Structures are given as C-alpha cells and as structure tokens.
> 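Quick one: structure below, then a few questions.
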Amino acid sequence: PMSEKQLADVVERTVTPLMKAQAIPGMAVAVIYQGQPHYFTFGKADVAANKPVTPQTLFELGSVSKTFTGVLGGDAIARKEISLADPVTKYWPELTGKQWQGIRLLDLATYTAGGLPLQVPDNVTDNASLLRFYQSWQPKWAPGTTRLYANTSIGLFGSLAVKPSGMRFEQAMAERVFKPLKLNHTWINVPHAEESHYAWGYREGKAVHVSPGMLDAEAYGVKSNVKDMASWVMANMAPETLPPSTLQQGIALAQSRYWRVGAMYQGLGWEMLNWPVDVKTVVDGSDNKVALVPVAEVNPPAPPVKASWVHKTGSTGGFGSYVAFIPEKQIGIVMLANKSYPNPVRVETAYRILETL
Ligand SMILES: *C(=O)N1C[C@H](NOS(=O)(=O)O)CC[C@H]1C(N)=O
C-alpha cells in the first residue's frame, strides 16, 4: 500500500500542473483509501483576499448536488411516501395536459420524460410561472425511451419527492440526509456565520457565485467542504457500515441501475459503469449530450453492483467538482475546484490517481 507521503506526492504531481495549465486558483482533494480520508489542498479560495484553500473551504458542487437529491428521493421511496412508478400527476394534479398523462416520477428522476430542457428559464421566478412552463412543454419522444440530461427533470423530481412529507426540499434534505450523516458543513443556503469559508468561483478571471433560480437546491445548489464530501463518498461507497435505516435503503436505490446508454447506467443522481472499465470508456460515458439519445430499460431496476465505477460531475459558472468511487476496491476521490474545467479532464485526473492505489 501507498504511504501518506507517497500518496501526497502522487496528488501534488498531478494537481499542480493541472491548476497552472487550467488557471484554477484553488482545489481541495480527498482520497478515500484503506477506510480513511486523505486531504490535500492547493491554492487560493479567494484570490483578491489572498485566502488559501483549507479543508474547511466551501465549494459549489453544482450538479454533484443531484447525488444528494437522488438519495433523498430513494429515502422517500423507502419511507413508502412515493413510488417511482407513480404518475407525475399524483403529486402535481394541476399538471393536466395530455402530454403528462403517461409520465412517471421515474422519468423525471432519470431524464427520460421525453425531452425536458436543460434549464429552468431565468425569468421563471414563482410557482404560477413554473406551472405555465411545464404545462407548455411539448415532448419530442414517448416517455421511458430517451435520455436528455436536464435540471428541469430531476429538479422537479426532487420537488415532488418531498411533497408527501410536507417539508420544503431544503428542510427534508437537512433532516433526512445531512444530519444523520453528520454533514454539518454542507449547505443549500450558506449561513451568514459560515460565509468566511465560502470560496469565490472564477469565470474569465471574475469572481462569481451561483445565481438563485427555481429548483436550484434540487439540481445544482449544494455547497460543501472537502471533509463533508469525503464523508458523503464514504457513506455511498460503504453504506453497509451505516446502521439500518431508510437512508441506507435510499443509498441502495440511488445506485440501482434504471437505464443503460452505451456503457453508462443511470441511477438516481449517480451514474455508474461496470468495473473494470478503461478511462476512455468512462470519458465517453459521462458526456451529457445536448441532443436526445435512446435508452435501454432495466426492468426491474438492478440492485447496486459493487463492481462499478460510480461517479458524478458538477459545475457552476465558477466551480468544477467531481466525485468517483469503486465499491469493489473501497477507493474513491473528491475533487473540488473554484474554476470550471473540462469534465473529461476531471475523469482523467481522478482515474490516474485511483490507479496508483
Ligand atoms: C450540473 O452541474 N449542471 C447541469 C449540466 N450538467 O452537465 S455535467 O454534469 O456534465 O456538467 C450542465 C452544467 C451544469 C449547469 N450549468 O447547471
């Protein structure tokens, strides 16, 4: 096995020229290895204030937020509050258009509703406008037959999934996921008292934070530090070490396989490829195309496979995050950056580091 000094050398030798070439001001990395987290921090959380990245620095996770949404949805299924087979109209009866009749919660959760678009329009700012948005939408394909990665899809899934609980999405997430896992520095809204930890993101050299939008918490709005994200990876990689609960059950539901596109399998938030897999296949299987693609159905959903590469990418205007783990090998990695850089490069960097273990 690799010593702490040897592992630190591996991470530094890769991250340092990456940050220079990409102009990434700061990065926090966690490697999960031999049951332990290993933290490495580089550069600046706030360039203008000359503030370094630390293990307490908060980064915007962007679409990595969807892994929390998927597990919270799985927890709601285990609580028998929702079923993925249920019609969307069971939870939003005001959605009366004929195009919605055959669409299920499963389709929202896994991007198979038939072409829901990538973003909620910025001018949709209240519930009446959100209703008009989904009422107006015209599908391109029958549900359960195509994939189009979309915040409007899993974002609405997250919002409807917590409806039977009576809680706001943020409340449900804190009470049912964050608190039981002791993710005490993971936030949908960064409290005033925690702002000193909040890194700035950088786009074209300008400091930026993610803008508020409808369904943001569900799709791209979580902020966290490298220690909480290591704990998140550890909980999803080794949920059998948790006490029995609906949350443990929900973690399994989120890593179940619902659809296949090429070599990638769609979970709830999480995406998976069968292990062993070459790095080029992981890169090819983690491009969310602008265009729709057909899917192959996994019916019934397949339970979690320990021999999987499990991962999720995420970005905001100013941040780029990545998490990946292999349960069969009990290794995993978190990479948090305050500049967005290409997803294939995140995969390549992570894959190379995990290979050394
Ligand atoms: C998630 O971060 N987002 C939604 C979509 N994600 O595709 S990705 O995971 O391959 O990065 C596009 C970018 C981002 C967003 N702008 O909402």
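Chain A is numbered as in the PDB entry, which gives 2-358 for the residues shown. FYI, side chains are in, hydrogens and waters are out, and symmetry mates aren't considered; it's all heavy atoms of this structure. Both ligands and their constituent atoms are indexed starting at 1 by order of listing.
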> Specify the chief binding partner of ligand 1 in this model, using its name in the PDB entry.
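The largest contact count goes to Beta-lactamase.
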> What drug do PDB records list at ligand 1?
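The drug is avibactam (bound form).
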> Quick one: nearest non-hydrogen protein atom to atom 15 (C) of avibactam (bound form), plus distance?
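Here the nearest protein heavy atom works out to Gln120 NE2, 3.5 Å.
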> Flag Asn289 as yes when one of its N or O atoms lies below 3.5 Å from any N or O atom of avibactam (bound form), and as no otherwise.
yes
> Using a 4.0 Å heavy-atom threshold (strictly under), name the region of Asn152 that reaches avibactam (bound form): side chain, backbone, both or neither.
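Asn152 to avibactam (bound form): side-chain contact only, backbone stays beyond 4.0 Å.
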> Return only the organism name the entry records for chain A.
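By the entry, the source is Enterobacter cloacae.
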> Among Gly315, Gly156, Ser316, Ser66, which residue places a heavy atom closest to atom 14 (C) of avibactam (bound form)?
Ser316
> Considering only the protein, which heavy-atom contact is closest to atom 5 (C) of avibactam (bound form), and what is its distance?
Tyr150 CE2, 3.3 Å
> Can you find an N/O atom of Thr314 closer than 3.5 Å to an N/O atom of avibactam (bound form)?
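Yes - when backbone and side-chain N and O of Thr314 are compared with those of avibactam (bound form), one distance drops under 3.5 Å.
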> Nearest protein heavy atom to atom 3 (N) of avibactam (bound form), by residue and atom, and its distance?
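Sorting protein heavy atoms by distance from atom 3 (N) of avibactam (bound form) puts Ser64 OG, 2.4 Å first.
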> With a heavy-atom distance limit of 4.0 Å, tell me whether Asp288 approaches avibactam (bound form) through its side chain, its backbone, both, or neither.
neither
> For atom 10 (O) of avibactam (bound form), find the nearest protein heavy atom and state the residue, atom name and distance (0.1 Å precision).
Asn344 ND2, 2.9 Å
> Write down the residue and atom holding a covalent tether to avibactam (bound form), else none.
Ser64 OG
> State the atoms of avibactam (bound form), each with its element, that fall below the 4.0 Å cut-off from a heavy-atom position in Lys313.
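That gives atoms 9 (O) of avibactam (bound form).
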> Just wondering, which residues come within 4.0 Å of avibactam (bound form) on a heavy-atom basis?
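The site of avibactam (bound form), heavy atoms only, is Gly63, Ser64, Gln120, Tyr150, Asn152, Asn289, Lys313, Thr314, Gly315, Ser316, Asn344.
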